[PDB]
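Overview of a structure with etomidate.
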Amino acid sequence: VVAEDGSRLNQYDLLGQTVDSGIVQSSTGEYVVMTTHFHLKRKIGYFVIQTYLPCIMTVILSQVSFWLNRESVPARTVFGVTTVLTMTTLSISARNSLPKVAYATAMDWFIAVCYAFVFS
Amino acid sequence: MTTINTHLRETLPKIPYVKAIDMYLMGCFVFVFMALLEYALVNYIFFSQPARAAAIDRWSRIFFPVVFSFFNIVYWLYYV
Amino acid sequence: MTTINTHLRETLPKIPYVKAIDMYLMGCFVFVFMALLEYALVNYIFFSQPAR
Amino acid sequence: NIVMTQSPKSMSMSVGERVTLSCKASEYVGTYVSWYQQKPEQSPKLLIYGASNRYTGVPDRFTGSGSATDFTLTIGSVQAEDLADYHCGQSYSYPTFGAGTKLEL
Amino acid sequence: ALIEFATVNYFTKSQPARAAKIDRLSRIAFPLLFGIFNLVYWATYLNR
Amino acid sequence: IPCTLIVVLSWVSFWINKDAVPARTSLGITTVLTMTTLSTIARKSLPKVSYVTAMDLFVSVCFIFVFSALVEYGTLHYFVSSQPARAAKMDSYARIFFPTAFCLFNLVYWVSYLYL
Ligand SMILES: CCOC(=O)c1cncn1[C@H](C)c1ccccc1
């Protein structure tokens, strides 16, 4: 059973429990193991406003550079280099949260595509 | 603005909803981004019309502080 | 480049020798500094002889 | 209410071949489906408790195969006395039994 | 270095001779002074 | 030390020629950015307190001085198009008014907060 107000999950969202019984075998004998799973579902609210919003805003700021005139080299260069620096800092910061896993998550794919757009 | 938001968020937990100071920072960043886009619009239509640029500048000079003060008062009224 | 380095070093401990990732960052920074020095050299001899 | 679709509704197999009955639940029932054998004019007798665990006194030809939702019961080399009704019933929630399979020859 | 550039720019377009002179002099005065300071620092701190 | 050195870094713009716009704008705005970062660090030193100390007062006065330098150059550039001699006199006026005001504020602040 779970208490009503019993949830300190800031980021996740508890869906429900799922109990099960099994029988494991160790080096000493054969034991009975009671398993209980809590199904969690992460909330995207924080990651949106902290990664997806700055990435999209940076991409838009970078694509603004096309509407400037072609006789203005310093402005467009500043646009490009600042957007690249921002994307780099964001790609470094956002990865810091997760444990050092050896595969590519979805947020990493989004960040990589936004970096490709700024570089383009 | 981005580094201010960064220095602030390092202390708060990872909460999914948007706080009040996050709403304020989003409003300020929208104002700054609209300032930059207004300059981009001026620089785009400056060669075609040299008076439209001065008109947009003279209008923005009195329009931006007004909207900023209005947003400030509405925010401080809704939260305080 | 220096931002990448400062972010990376705040994790690892105080370690004397030159790691492999530090060697990569030093090589990339040498290439960047060489590009900047190349531009400075071009801007020095631009007014005198643009062909070179 | 967790509904248990037990298949097939009626099947006939001769003596000496492996027979497989299936029982698929609706929701999750984790290794909590028992298999009973109800001969005519008799009360059901528990055959397979848990998911795959023979009750004390069950021959070695009845054996189960468990999962989260779908379960099977295999009788290798049925005899002449294995002809009865075979009911699967979950217990992860309030127990709801299956329609049963008539075994004929 | 920044102050020297500021002085050069302040004297530019009015006394360009002095500006070019102090720039060509600061192209030699800063690196030699930094080398001397490095030698002194490292020598007096590694001898101990 | 870093705050006052940032302030004199901002003052350096008062000697750069008034025609070079990007140089002076970059000076001002990057000085403001470094100033707010340093204020963040200084306030992060001690815990969260709801009153005004003597250090954040100093960093806020420095921030105000850099803001004043930037807006001063802005008004200078705007007045150059209208009347150049006005801005020409404004430059040399600021060259004397800024360091004097900073030195007066430093003297008053240090005297008031040391002999207290
Ligand atoms: C259109 C709104 O823009 C932004 O929110 C935005 C994009 N880059 C930065 N920001 C601001 C600083 C921000 C980010 C996250 C939370 C609060 C405020």
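Chain letters run A, B, ... following the sequence lines, proteins first, then strands; residues in each count from 1. Read the numbers this way: they start at 1 and go in the same order the structure lists the ligands and their atoms. No hydrogens, no waters, no symmetry mates; every other heavy atom, side chains included, goes into these values. The structure has been trimmed to a portion of the entry, and contacts are counted only among what remains.
The main binding partner of etomidate here is, in the terms of the PDB entry, Gamma-aminobutyric acid receptor subunit beta-2. Other chains whose heavy atoms approach etomidate within less than 4.0 Å: A, B. Measured on heavy atoms with a 4.0 Å cut-off, the binding site of etomidate is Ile49(A), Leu53(A), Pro54(A), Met57(A), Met1(B), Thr2(B), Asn5(B), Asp22(B), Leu25(B), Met26(B), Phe29(B), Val30(B). Recorded in the deposit, the name of chain A is Gamma-aminobutyric acid receptor subunit alpha-1.
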